[PDB]
**Q** 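Let me begin by handing over the structure; questions about it come next.
This chain uses plain numbering: 1 for the first residue, then up along the sequence. Method reported for this entry: X-ray crystallography, 2.6 Å. First listed ligand is number 1; within each ligand, the first listed atom is number 1.
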Amino acid sequence: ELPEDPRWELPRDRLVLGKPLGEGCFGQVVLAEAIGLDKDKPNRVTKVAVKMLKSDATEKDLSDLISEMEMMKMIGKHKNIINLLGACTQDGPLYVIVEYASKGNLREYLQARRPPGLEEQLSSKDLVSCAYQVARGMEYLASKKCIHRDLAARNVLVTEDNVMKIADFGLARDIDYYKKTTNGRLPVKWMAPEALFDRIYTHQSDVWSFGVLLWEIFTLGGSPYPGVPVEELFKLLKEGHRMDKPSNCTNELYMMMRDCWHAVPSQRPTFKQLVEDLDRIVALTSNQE
Ligand SMILES: CN1CCN(c2ccc3[nH]c(-c4c(N)c5c(F)cccc5[nH]c4=O)nc3c2)CC1
């Protein structure tokens with residue numbers, strides 16, 4: 001049984017469910033319509049995302065979704081993170097109501113806006129702006145002592161207004177290195193060597209992951225290290241190997257990626273330094289190409 005928090009509780013008759021946005025088997029996300037979410041108007045509908053459990057859910061799977069909601073309540077609001085909007089915790093299945101990003105993840109979005117081969121296209125100032133927002137989201141998360149542990153283009157969602165929002169920042173701590181994603185990608189490729197070989201996740205290991213994220217932006221949703229299996233990736237990290245400079249990527253932004261991949265975690269930039277640099281770079285980057 002669950003206790004009511006009146007700050008966040010939404011009556012169940014105010015949530016009209018819809019088409020599913022994602023799956024697991026670890027839970028499921030659906031598209032929904034929340035009636036009068038805001039204090040005024042109680043007659044306006046907001047399109048939302050509803051996190052819920054599957055039929056084959058256990059007490060562990062349930063405590064995991066509670067902790068996530070609980071984490072989001074503590075962390076607070078930012079324009080560049082997926083915010084918490086409400087919850088249905090009484091007399092039925094637990095529904096954690098979060099922000100809905102109509103354009104999907106940042107990898108899918110970037111891939112769908114690639115140049116023709118072989119209706120909407122992003123300029124140089126556009127790509128750098130995506131990097132700025134994600135570093136803004138991550139810096140707030142860092143200010144609130146949150147360590148993402150899986151910062152990647154896949155876990156950055158995009159709104160109808162082209163705002164970048166960090167997602168799955170509140171997920172349960174609980175990893176199989178040989179496991180691949182839905183898109184058949186190995187998540188170990190976003191991991192800092194200290195986190196991968198010593199299990200030491202810090203704000204510095206998330207900075208490493210931001211470096212893999214930039215490479216994903218300026219390659220327009222490119223796959224890091226294609227064809228490279230798990231065991232061959234460890235050898236690449238031990239030799240001091242680094243990814244190649246994307247084409248249509250400045251010397252300044254590649255120097256940034258490489259700094260993010262500094263072998264020594266203490267020597268890497270902070271998100272507070274990355275927000276500042278990208279703030280300046282956007283202002284100097286051309287919107288004409
Ligand atoms: C063919 N395909 C159909 C579904 N397409 C799609 C489009 C937008 C989408 N937004 C989210 C979504 C979440 N999955 C989500 C989450 F998992 C945790 C927290 C917040 C979230 N907010 C969302 O808005 N899913 C989407 C799927 C992609 C293309």
**Q** Quick one: do you know the drug at ligand 1?
**A**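 The drug there is dovitinib.
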**Q** Define the binding site of dovitinib (ligand 1) at 4.0 Å using heavy atoms, by chain and number.
**A**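 At that heavy-atom cut-off, the residues are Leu21, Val29, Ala49, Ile82, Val98, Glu99, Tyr100, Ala101, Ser102, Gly104, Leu157.
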**Q** Hey, quick one: is there a covalent bond from dovitinib (ligand 1) to anything in this entry, and if so which residue and atom?
**A**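 The covalent attachment is absent.
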